[PDB]
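In this PDB entry you will find L-thyroxine.
Position 1 is the first residue of the sequence; numbering continues from there. In listed order, ligands and their atoms are each counted from 1.
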Amino acid sequence: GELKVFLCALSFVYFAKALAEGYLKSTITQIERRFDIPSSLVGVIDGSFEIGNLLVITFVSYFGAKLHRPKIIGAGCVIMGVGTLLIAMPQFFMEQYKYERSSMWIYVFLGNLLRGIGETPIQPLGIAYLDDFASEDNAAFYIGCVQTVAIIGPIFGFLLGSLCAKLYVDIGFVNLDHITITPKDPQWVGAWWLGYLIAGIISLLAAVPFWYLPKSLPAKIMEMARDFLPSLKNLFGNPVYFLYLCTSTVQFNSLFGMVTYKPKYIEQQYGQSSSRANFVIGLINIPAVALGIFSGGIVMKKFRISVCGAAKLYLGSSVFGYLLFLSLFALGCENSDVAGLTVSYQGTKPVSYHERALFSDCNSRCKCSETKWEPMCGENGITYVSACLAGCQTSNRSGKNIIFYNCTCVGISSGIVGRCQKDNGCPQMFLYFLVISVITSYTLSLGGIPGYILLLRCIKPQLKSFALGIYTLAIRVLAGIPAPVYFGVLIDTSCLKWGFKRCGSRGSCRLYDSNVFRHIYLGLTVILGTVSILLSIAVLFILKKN
Ligand SMILES: CC(C)CCC[C@@H](C)[C@H]1CC[C@H]2[C@@H]3CC=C4C[C@@H](OC(=O)CCC(=O)O)CC[C@]4(C)[C@H]3CC[C@]12C
Ligand SMILES: N[C@@H](Cc1cc(I)c(Oc2cc(I)c(O)c(I)c2)c(I)c1)C(=O)O
């Protein structure tokens, strides 16, 4: 009936917003390159969405509750689509991309800001509506379906990003027969704008069903303004709601931190390429998370689980997920031998901080750059920071490979390009890591829908959307924003070799200490998870008491 139609429309809106998010994440680097803006303005573009979302989420979730919720959702979709289309606008006004053979970025800012605004009503009003009119058993399953869509959607955004990056930026504007560069060329820019047009159109189409959906299923603003403060105290005077908010905030501090640096952990700890890390996370781990969320919804529906049972399932999923995550401490690889950083040039195992001599006797004759990181794998099994630092004098191109010779440090003499592959059982450790991380992701996500149901049922019904708004504001502000920052700071304390930008400032870290990285990355996650587990126990105790 009308409830099923609303569920389908909300699922399509979730898909549209997720696809836009994925495409934006895939193309932000191309946008930075095309517009010739510094990384600070790139972070500003990425953060305009969040400014827009956080500034109006509370107002929308509170006042929109008594209004026509389907129509507010449709208006939000329209604003989302307009903002998405605004990002592609500068393509139609800037000059042709000239490659070696400026103020239009504000639009990219403004459009993203509109996206942040247009997303705000979708979750608080959409879920509350779903919870108001579905039967008690079916609500959890419907919410699970919607959240599964939200989890899976960005993969399509990244696929569209790749497809549009395969096309030239000035396609349709310029004859392509006069262009001598290929996607492999570093000067190539893809059709970044095309995906924004597609996503904006999809978002505008997503708004259409919400103008035919009813407000309810089987002066006032000034009066809501007066009751705003009493309603806030009602939500935060509620102990189950407040403690579940704290529990979720701490658990998401753990989870955002773990997820953000999981690709880098895979690449650094297990010697995998960035592409392989992204493939295993996006194509294996994310489906496991989606399956966990959906199965939590299924379990809530099938066994008619109550609020107390939902709290128990949330606690159990957290407990067993973090216990499984503990086993990752034993799946560790040792540091690869890097001359001067992890080992000395004589092949002696780990020197200390006070012994990091990028220059040695075997490379004193050569004037090599310290800041440059062009690692090569020598025949001796020791990785060197650069071929110059090994005294390599001749280089020959054999097929797709480049081989150095007469490398004095190696002979204490050939070397190929890249880091030496990790040999002693590290691929097996990485396979175990993959299996355990997939299982852990599924197990942790198995409690996602139960906690959501706990939040929705612990409060008086008329506050649902408002509570959902506040929850969303909390997770974003107290977990989503801060956790990547301080996780990054603590992890970067394990850096052995800093990359340097053209201005002399530090760039991305090139070599980490594997043991310190593993300890920090896993321990911070587990400690936050343990705090969350204790808070969840408190939530369960109060639920039993009341
Ligand atoms: C927490 C934040 C900071 C990052 C969240 C990680 C994931 C949600 C995202 C980030 C990078 C994304 C991946 C990077 C790009 C790709 C390639 C993309 O297209 C391809 O398969 C490559 C095509 C080609 O070979 O050219 C498929 C999805 C995937 C794995 C993405 C899936 C979703 C990922 C893992
Ligand atoms: N920009 C996105 C980034 C993001 C996506 C997912 I999906 C996610 O959820 C999980 C949970 C577990 I457990 C995992 O192992 C993995 I991988 C992802 C988290 I946290 C963050 C967002 O913030 O929504």
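Tracing L-thyroxine through the model gives ligand 2. Per UniProt, the macromolecule making the most contacts with L-thyroxine here is Solute carrier organic anion transporter family member 1C1. Per UniProt's numbering from the N terminus, the transmembrane segments of chain A showing a non-hydrogen atom under 4.0 Å from L-thyroxine are 5, 7, 8, 10.
Scanning all protein heavy atoms for the shortest distance to atom 22 (C) of L-thyroxine gives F256 CE2, 4.3 Å. Contact annotation for atom 4 (C) of L-thyroxine: protein absent (non-hydrogen atoms, distance under 4.0 Å). At least one N or O atom of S441 sits closer than 3.5 Å to an N or O atom of L-thyroxine. Distance screen at 4.0 Å: atom 18 (C) of L-thyroxine has a protein heavy-atom neighbour inside the cut-off. Ranking the protein heavy atoms by distance from atom 7 (I) of L-thyroxine puts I286 CD1, 3.6 Å first.
Under the 4.0 Å distance rule, the nearest protein heavy atom to atom 1 (N) of L-thyroxine falls outside the cut-off.
Atom 10 (C) of L-thyroxine has its nearest heavy-atom neighbour, among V259, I155, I151, in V259. In terms of protein heavy-atom proximity, atom 11 (C) of L-thyroxine is closest to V289 CG2, 3.9 Å. Between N285 and L-thyroxine, an N or O atom pair is found at a separation short of 3.5 Å. For chain A, the PDB entry reports the organism Homo sapiens.
Near L-thyroxine (under 4.0 Å), the structure shows the other ligands and ions ligand 1 (cholesterol hemisuccinate).
Counting the atoms of L-thyroxine from 1 in the order shown, those under 4.0 Å from a heavy atom of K262 are 15 (O), 17 (I). When distances from atom 15 (O) of L-thyroxine to the protein are checked, a heavy atom turns up under 4.0 Å.
Binding site of L-thyroxine at 4.0 Å (heavy atoms): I151, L255, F256, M258, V259, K262, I281, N285, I286, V289, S441, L444.
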